[PDB]
Amino acid sequence: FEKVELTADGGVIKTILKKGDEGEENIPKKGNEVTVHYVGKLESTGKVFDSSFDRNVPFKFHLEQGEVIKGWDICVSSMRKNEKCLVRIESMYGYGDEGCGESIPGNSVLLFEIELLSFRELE
Ligand SMILES: C=CC[C@@H]1/C=C(\C)C[C@H](C)C[C@H](OC)[C@H]2O[C@@](O)(C(=O)C(=O)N3CCCC[C@H]3C(=O)O[C@H](/C(C)=C/[C@@H]3CC[C@@H](O)[C@H](OC)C3)[C@H](C)[C@@H](O)CC1=O)[C@H](C)C[C@@H]2OC
């Protein structure tokens with residue numbers, strides 16, 4: 001077991017559910033295209049609001065390019081290939097006071113289960 005606080009203020013806490021592959025080559029780097037599966041829920045209601053499994057299409061994004069909420073860049077950059085984790089993301093590292101669409105209210109704490117399937121360096 002291993003629970004990790006990724007930010008001094010505790011706005012991002014990652015609980016490892018399954019350790020990944022050993023090796024620095026198994027750690028995604030900034031700018032890399034990352035591929036994951038995820039399940040997201042609101043801590044307030046505990047109900048799942050979205051998941052890549054609804055469509056069965058892994059989610060791909062580029063690490064630390066401002067493409068995803070800050071909490072995600074922080075959490076994924078600390079994961080190893082094939083790692084499964086649960087991450088608690090407070091509004092500050094989520095959608096803040098603005099919220100997102102009508103699915104995520106402002107000042108919402110978010111809970112995500114993320115599985116790092118793979119990643120690749122570009123150029
Ligand atoms: C506009 C084009 C649609 C385009 C949608 C897709 C490619 C499909 C892709 C599976 C997203 C899902 O589509 C069903 C769906 O995923 C959510 O349900 C969700 O679980 C979530 O929170 N995610 C998705 C997984 C990564 C973390 C976070 C996110 O970062 O999402 C990202 C996000 C909004 C980042 C902003 C970027 C600007 C920052 O300023 C802001 O921060 C202030 C954060 C998404 C991926 C955007 O980069 C791209 C898009 O939005 C959102 C609740 C609503 C979102 O649909 C909209």
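We're numbering straight along the sequence, starting at 1. Whatever order the structure lists ligands and atoms in, that order sets their numbers, starting from 1.
Lab note: drug at ligand 1 identified as tacrolimus.
Counting heavy-atom pairs under 4.5 Å, the chain with the most contacts to tacrolimus (ligand 1) is listed in the PDB entry as 70 KDA peptidylprolyl isomerase. The residue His62 has no part lying near tacrolimus (ligand 1), judged by heavy-atom distances below 4.0 Å. Comparing heavy-atom distances from atom 18 (O) of tacrolimus (ligand 1) across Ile89, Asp50, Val36 singles out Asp50 as nearest.
Every heavy atom of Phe61 sits 4.0 Å or more from the atoms of tacrolimus (ligand 1). In chain A, the residues contacting tacrolimus (ligand 1) fall mostly within the UniProt domain PPIase FKBP-type. For atom 11 (C) of tacrolimus (ligand 1), the protein comes within 4.0 Å by no heavy atom at all.
For tacrolimus (ligand 1), the polar-atom distance check against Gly94 finds no nitrogen or oxygen pair separated by under 3.5 Å.
Tacrolimus (ligand 1) is never approached by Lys70 to a heavy-atom distance shorter than 4.0 Å.
The PDB entry identifies the source organism of chain A as Plasmodium falciparum.
The part of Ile104 lying near tacrolimus (ligand 1) is the side chain, judged by heavy-atom distances below 4.0 Å.
Some N or O of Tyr95 is nearer than 3.5 Å to an N or O of tacrolimus (ligand 1), by distance alone. Looking at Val68 against tacrolimus (ligand 1), both its backbone and its side chain come within 4.0 Å, counting heavy atoms. Counting protein heavy atoms only, atom 35 (C) of tacrolimus (ligand 1) is closest to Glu67 O, 3.1 Å.
Binding site of tacrolimus (ligand 1), heavy atoms within 4.0 Å: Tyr38, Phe49, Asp50, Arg55, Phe59, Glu67, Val68, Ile69, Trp72, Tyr95, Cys100, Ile104, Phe112.
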Between tacrolimus (ligand 1) and the protein, tabulate every N or O atom pair separated by less than 3.5 Å, reporting distance only.
| from | atom 1 | to | atom 2 | distance (Å) |
| --- | --- | --- | --- | --- |
| tacrolimus (ligand 1) | 16 (O) | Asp50 | OD2 | 3.2 |
| tacrolimus (ligand 1) | 18 (O) | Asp50 | OD2 | 2.7 |
| tacrolimus (ligand 1) | 20 (O) | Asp50 | OD2 | 3.3 |
| tacrolimus (ligand 1) | 22 (O) | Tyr95 | OH | 2.8 |
| tacrolimus (ligand 1) | 30 (O) | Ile69 | N | 3.1 |
| tacrolimus (ligand 1) | 48 (O) | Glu67 | O | 2.6 |

